[PDB]
J.: 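Sharing a structure with you now.
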Amino acid sequence: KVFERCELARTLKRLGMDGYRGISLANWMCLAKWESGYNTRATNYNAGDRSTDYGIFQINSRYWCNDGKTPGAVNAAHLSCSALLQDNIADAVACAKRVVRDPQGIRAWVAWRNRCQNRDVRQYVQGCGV
Ligand SMILES: *SC[C@H](NC(C)=O)C(=O)O
């Protein structure tokens, strides 16, 4: 599903992302925008390393979700990448939380560094009531 900007912002607040490990909702929004255009169906195959990025946050199959086809990856005891292609983003949020629990935080996503860090990201949440 393709989320409307404010619909997404309110959803992320409800799932407790505002200020999670010091990350503002505006930062999480900036991240979803440049990663998938707020599209839960988004999939990006990295030919170079044979991994795939899945969902609204473009989570990778080598480190975080199991898809079976990715070489040198986390096993089948971990969350299925399919769970990140659902309309309901609860699993994706729970996984995004885990990713930033690493010392690297939100910097784990290179798109965040390019397009969001050291920027006025107020625009992503202005007028949403969050
Ligand atoms: S981010 C999803 C999570 N992955 C790892 C590697 O802990 C899981 O729930 O398995």
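Residue numbering for chain A follows the PDB entry; the residues present correspond to positions 1-130, in that order. Counting convention: from 1, in listed order, for ligands and their atoms alike. Just so you know, these numbers use all the heavy atoms, side chains as well, and skip hydrogens, waters and symmetry mates.
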J.: Look up the drug at ligand 1 and give its PDB name.
T.: N-acetylcysteine (bound form)
J.: Going by UniProt, what is the chain that binds N-acetylcysteine (bound form) with the most atom pairs under 4.5 Å called?
T.: Lysozyme C
J.: For N-acetylcysteine (bound form), what covalent attachment (residue plus atom) does the entry record, if any?
T.: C95 SG
J.: Tell me: protein heavy atom nearest atom 8 (C) of N-acetylcysteine (bound form), and distance?
T.: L79 CB, 3.7 Å
J.: In the protein, what heavy atom is nearest to atom 7 (O) of N-acetylcysteine (bound form), and what distance, to one decimal place, separates them?
T.: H78 ND1, 3.8 Å
J.: Considering heavy atoms of the protein only, find what lies nearest to atom 3 (C) of N-acetylcysteine (bound form) and give residue, atom and distance to 0.1 Å.
T.: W64 O, 3.7 Å
J.: Any idea which protein heavy atom is nearest atom 6 (C) of N-acetylcysteine (bound form), and the distance to it?
T.: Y63 O, 3.3 Å
J.: Quick one: look up the protein heavy atom nearest atom 2 (C) of N-acetylcysteine (bound form) and list residue, atom name and how far away it is.
T.: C95 SG, 3.0 Å
J.: Which of the UniProt active-site residues in chain A lies nearest N-acetylcysteine (bound form), and what minimal heavy-atom distance separates them, to the nearest angstrom?
T.: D53, 12 Å
J.: Of all residues in chain A that touch N-acetylcysteine (bound form), most belong to which UniProt domain?
T.: C-type lysozyme
J.: Just curious, which residues make up the binding site of N-acetylcysteine (bound form) with non-hydrogen atoms under 4.0 Å?
T.: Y63, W64, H78, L79, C95
